[PDB]
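A short worksheet on the structure shown next.
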Number of protein chains: 2
Amino acid sequence: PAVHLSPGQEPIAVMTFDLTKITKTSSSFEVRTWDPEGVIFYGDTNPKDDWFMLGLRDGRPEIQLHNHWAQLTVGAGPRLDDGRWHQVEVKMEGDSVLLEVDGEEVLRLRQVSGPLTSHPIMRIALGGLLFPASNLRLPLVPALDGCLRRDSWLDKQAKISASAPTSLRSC
Amino acid sequence: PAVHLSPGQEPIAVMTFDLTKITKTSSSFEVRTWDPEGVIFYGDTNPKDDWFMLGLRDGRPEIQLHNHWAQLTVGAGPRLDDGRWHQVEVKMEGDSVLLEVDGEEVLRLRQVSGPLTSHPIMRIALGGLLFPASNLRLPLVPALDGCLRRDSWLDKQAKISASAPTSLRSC
Ligand SMILES: C#C[C@]1(O)CC[C@H]2[C@@H]3CCC4=Cc5oncc5C[C@]4(C)[C@H]3CC[C@@]21C
Ligand SMILES: C#C[C@]1(O)CC[C@H]2[C@@H]3CCC4=Cc5oncc5C[C@]4(C)[C@H]3CC[C@@]21C
Ligand SMILES: [Ca+2]
Ligand SMILES: [Ca+2]
């Protein structure tokens, strides 16, 4: 069962987590698209100075990140806009964030985060940002005309709230 | 004709460039190694606050960079410590630094540099750093037991000096 990721650029779903209860710090999903550019997911504890975006630009994964330890805009991995399903896994390990595409590690951002446990509320938004696209380090057009399935986000034990699925649209 | 990249951790060669004469901002070489960790090349305009390192860690490319615009430690691309020759190309394009391995773009560090043209002296060191390994953002053991061939560095028109090849050791 798959869902569409995208007129407005609002995300299709938002989840909130209690950071003091996170034990699993990874997320996995599959994505399919013919679209070269857009947001796959966004997360923050504060949209002004502690946020993260995973998207596509020119078909390839791009991460933008802004927190106390790091500020970066990085592209990596193969093009994903070929209309095939691709597995993507994001993992936080130690002080690094890892990106795996189709079971291959394609990017490791080292020394970018202290302990999640140590503002204890994190938001994850699917298919859009929780601020205007002009707030990005490098703007992109957020609407990703793609589909998402088999998605699991961090720790269901730590989840406080999740948006009304009434809005989800099947692919 | 190939040369060894590595007891001391000193680089095997240093070149100096006039930054005001650089037109070609790319470098290409081939590397072969069974070694998972070490420095491939280092460059700077100032070893205290304007420097760059490309190496291997756990077999894969790693870039460490520290300048006015960016400070990062990033891993990307496939393992290269399989004893096969691999082409590596580093390109500066706009404000980004691009890494290509075997003809595939594996990493794009965006918004990390202003114009090279605009201290106008850049050093490139092969197989070692021009400061102690403890100065790195994330230390590694610099000696890379590998071989280097078909290597071209930036713009021969901009090169001011190049170290005595008397020291080079054929593979
Ligand atoms: C706290 C904090 C932060 O400094 C601010 C925003 C956080 C990301 C939000 C989204 C996210 C989702 C996610 O899914 N698997 C692992 C992760 C971890 C990441 C990449 C989080 C890593 C730590 C980040 C950068
Ligand atoms: C100036 C300046 C800097 O901010 C300080 C050190 C510079 C690198 C030195 C080594 C280098 C060699 C090289 O080989 N092809 C392209 C490049 C460009 C790079 C990656 C350079 C990019 C710009 C850098 C980060
Ligand atoms: Ca789009
Ligand atoms: Ca080594």
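Below, chains carry the letters A, B, ... as their sequence lines are ordered, and counting in each starts from 1. Numbering of ligands and ligand atoms starts at 1, following listing order. Computed over heavy atoms, backbone and side chain alike; hydrogens, waters and symmetry mates excluded.
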### Drug at ligand 1
danazol
### Message
Hey, quick one: which chain has the most contacts with danazol (ligand 1) in this structure? I'd like the name as UniProt has it.
### Response
Sex hormone-binding globulin
### Message
I'm mapping contacts for danazol (ligand 1). Which other chains have a heavy atom under 4.0 Å?
### Response
A
### Task
Provide the residues lining danazol (ligand 1) within 4.0 Å, heavy atoms only.
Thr25(A), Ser26(A), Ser27(A), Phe41(A), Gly43(A), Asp44(A), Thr45(A), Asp50(A), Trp51(A), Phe52(A), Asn67(A), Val90(A), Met92(A), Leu116(A), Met122(A), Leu154(A)
### Organism of origin for chain A (entry)
Homo sapiens
### Task
May I ask you to list the atoms of danazol (ligand 1) that are less than 4.0 angstrom from any heavy atom of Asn67(A)?
4 (O)
### Query
Taking only heavy atoms of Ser27(A), which atoms of danazol (ligand 1) are found under 4.0 Å from at least one of them?
14 (O), 15 (N)
### Query
By UniProt annotation, which domain of chain A has the most residues touching danazol (ligand 1)?
Laminin G-like 1
### Query
What do you reckon, does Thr45(A) have a nitrogen or oxygen under 3.5 Å from a nitrogen or oxygen of danazol (ligand 1)?
no
### Message
Mind checking which residue and atom the model joins danazol (ligand 1) to with a covalent bond? None is a fine answer too.
### Response
none
### Task
Answer yes or no: does an N/O atom from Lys91(A) fall short of 3.5 Å to an N/O atom of danazol (ligand 1)?
no
